[PDB]
Trainee: 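PDB structure, Bifunctional cytochrome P450/NADPH--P450 reductase holding testosterone.
Using the PDB entry numbers, chain A covers 4-191, 193-458, in order. What you see below is based on every heavy atom in this structure, not just the backbone, and it leaves out hydrogens, waters and symmetry mates. In listed order, ligands and their atoms are each counted from 1.
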Amino acid sequence: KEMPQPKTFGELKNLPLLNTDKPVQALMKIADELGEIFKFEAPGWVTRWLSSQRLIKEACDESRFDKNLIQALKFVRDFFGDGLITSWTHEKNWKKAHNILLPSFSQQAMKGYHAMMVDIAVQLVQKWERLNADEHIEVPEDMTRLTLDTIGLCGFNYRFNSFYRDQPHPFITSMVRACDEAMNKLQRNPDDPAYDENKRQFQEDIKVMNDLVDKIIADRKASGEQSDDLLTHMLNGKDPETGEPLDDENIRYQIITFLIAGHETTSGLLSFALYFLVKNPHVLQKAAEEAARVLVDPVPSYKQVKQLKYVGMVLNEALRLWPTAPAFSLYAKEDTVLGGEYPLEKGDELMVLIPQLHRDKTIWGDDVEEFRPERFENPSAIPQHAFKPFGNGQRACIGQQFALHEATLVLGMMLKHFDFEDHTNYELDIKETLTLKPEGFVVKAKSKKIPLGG
Ligand code: HEM
Ligand SMILES: C[C@]12CC[C@H]3[C@@H](CCC4=CC(=O)CC[C@@]43C)[C@@H]1CC[C@@H]2O
Ligand SMILES: C[C@]12CC[C@H]3[C@@H](CCC4=CC(=O)CC[C@@]43C)[C@@H]1CC[C@@H]2O
Ligand SMILES: [Cl-]
């Protein structure tokens, strides 16, 4: 059997089809046309895109497939090194870092992070209480302020102070400018001297990111207070399987890795959640009644956040529709056959298209486009490998609980303290970098004038 494949363009193959700002959304349309699996090929690489739970469930068998880092994106590996997201499972520093950092995401870790999450969430709420009547909120912008600050403080006892800035922190601006520059070069005569300033600017941006990391470490060595946080574990934690802590080189990569991965997809999630709420007033009202019922104190306790059941369903359902890291990659460990129809040679690449997996009518029913948090009412009824916003198996998201606790806390406080109005009747416009975010999403928030504790 031939595997489906969209149209080719000489020896550019399918590559011209990604001549777009929204390639993941373009790939979803192709998935709609061609079905559960299709080959997609470019000059320097080939892969197969999977969209059905039946094939993805096989792809997620770790005895047969492991995590792949895509060659086309080596600029990422360049910058994040052998940090946890950009290391191969077989690499030494993957397992070492994994075992050293897992305890930083334990239940006792989360309880320890809670008060500092609240510190940043109170800042977000206060910003919004202080807006004049004529004004509105820039939602992804403010969610990015919250998430960057929350990972900075909880993780590294460093304050980005993003709510004290009108534009994004220099780290974000440099991050976005670096990772944009690197991505544009994929289709560059890249060595043309016309691009020299592009390369000089790229250098300046890595130097901002690197100075920040240095400050974080230096502040920590100098510190007078006791921290037991993510950075504490990076510095001092020892690999049980061998007794050594990470070296300085790898630690630097973990810091940059956690600063970035630890904020971006969480800001997207909050933004999409708020979008879906304001487009679904009955759901908003239900989420709001919960918030008001559960958050009875002036600030939320860890336990109260665990009781926001419906807010958690809201978040899972936003991650169903628009998983903010929308794809991951796998390779075949040995020759094997997928779905009893598609032969694969050792090393062959697969891509999981998460948003399309999440619209598999076989699994979810026909109403896959509706925003229905009630689907997660009973979470053990969702088949295995049907819902994968946090990836797979031993290479699944280490920060998953951190992300959901932060998001639930913040969304709960937002819904306690304000009524939200989609005052422009916003039309969803999804911007794609390596993640997904609504662009230009704005709302008004009318305060309920509920005082906010310290
Ligand atoms: C809604 C929020 C988030 C989503 C949707 C998300 C998604 C993902 C996905 C899909 C992967 C697997 C990548 C792959 O297969 O190539 C992953 C891995 C990872 N995430 Fe997240 N993530 C989120 C939040 C966070 C947070 C808050 C942190 C850190 C505090 C974090 C740190 C990581 C790390 C370190 C990995 C690599 C795990 C390993 O291989 O050892 N993420 N995430
Ligand atoms: C984009 C991202 C950093 C880089 C990750 C991405 C998801 C998975 C992934 C696979 C790769 O092969 C390169 C690195 C990437 C592309 C991460 C999820 C959140 C973070 O912002
Ligand atoms: C989906 C993705 C963004 C879109 C990427 C995709 C890898 C394949 C690819 C190559 C490109 O050069 C741009 C578009 C795409 C199609 C990326 C893998 C992780 C990231 O989230
Ligand atoms: Cl509150």
Trainee: Got a sec? Need all the ligands or chains for testosterone.
Mentor: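 At ligands 2 and 3.
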Trainee: List the residues forming the binding site of testosterone (ligand 2), heavy atoms under 4.0 Å.
Mentor: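 The heavy-atom binding site is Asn71, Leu72, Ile73, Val79, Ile88, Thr269, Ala329, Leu438, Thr439.
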Trainee: What protein heavy atom is closest to atom 16 (C) of testosterone (ligand 2), reported as residue, atom name and distance in Å?
Mentor: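 Protein heavy atom with the smallest distance to atom 16 (C) of testosterone (ligand 2): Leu76 CD2, 4.1 Å.
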Trainee: Among all protein heavy atoms, pick the one closest to atom 14 (C) of testosterone (ligand 2) and tell me residue, atom and distance.
Mentor: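 Looking only at protein heavy atoms, the one closest to atom 14 (C) of testosterone (ligand 2) is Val79 CG1, 3.8 Å.
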Trainee: For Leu438, take its heavy atoms, then give the atoms of testosterone (ligand 2) lying under 4.0 Å from any of them.
Mentor: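 Reading through testosterone (ligand 2) atom by atom, the close ones are 1 (C).
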Trainee: Might you check, step by step, whether the distance between atom 11 (C) of testosterone (ligand 2) and some protein heavy atom is under 4.0 Å?
Mentor: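 Looking at atom 11 (C) of testosterone (ligand 2), one finds that no protein heavy atom lies closer than 4.0 Å.
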Trainee: Can you tell me which residue and heavy atom of the protein come closest to atom 19 (C) of testosterone (ligand 2), and the distance to 0.1 Å?
Mentor: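 Among all protein heavy atoms, the one nearest atom 19 (C) of testosterone (ligand 2) is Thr269 CG2, 3.6 Å.
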Trainee: Against heavy atoms of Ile73, which atoms of testosterone (ligand 2) measure under 4.0 Å?
Mentor: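 Taking each heavy atom of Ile73 in turn, testosterone (ligand 2) has 12 (O) under 4.0 Å.
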Trainee: Any neighbours for testosterone (ligand 2)? Other ligands or ions under 4.0 Å, I mean.
Mentor: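 That comes to ligand 1 (protoporphyrin IX containing FE), ligand 3 (testosterone).
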Trainee: List the closest protein heavy-atom neighbour of atom 17 (C) of testosterone (ligand 2): residue, atom name, distance to the nearest 0.1 Å.
Mentor: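 For this ligand atom, the closest protein heavy atom is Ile88 CD1, 4.6 Å.
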Trainee: Can you list the testosterone (ligand 2) atoms lying under 4.0 Å from a non-hydrogen atom of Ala329?
Mentor: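 Matching atoms, with element in brackets: 18 (C).
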Trainee: Mark up the atoms of testosterone (ligand 2) that fall under 4.0 Å of a heavy atom belonging to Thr439, in ascending order.
Mentor: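 The list of qualifying atoms is 1 (C), 21 (O).
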Trainee: For atom 8 (C) of testosterone (ligand 2), what's the nearest protein heavy-atom neighbour? Residue, atom name and distance, please.
Mentor: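 For atom 8 (C) of testosterone (ligand 2), the nearest protein heavy atom comes out as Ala331 O, 4.3 Å.
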Trainee: Report each N/O pair between testosterone (ligand 2) and the protein that falls under 3.5 Å, naming both atoms.
Mentor:
| from | atom 1 | to | atom 2 | distance (Å) |
| --- | --- | --- | --- | --- |
| testosterone (ligand 2) | 12 (O) | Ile73 | N | 3.3 |

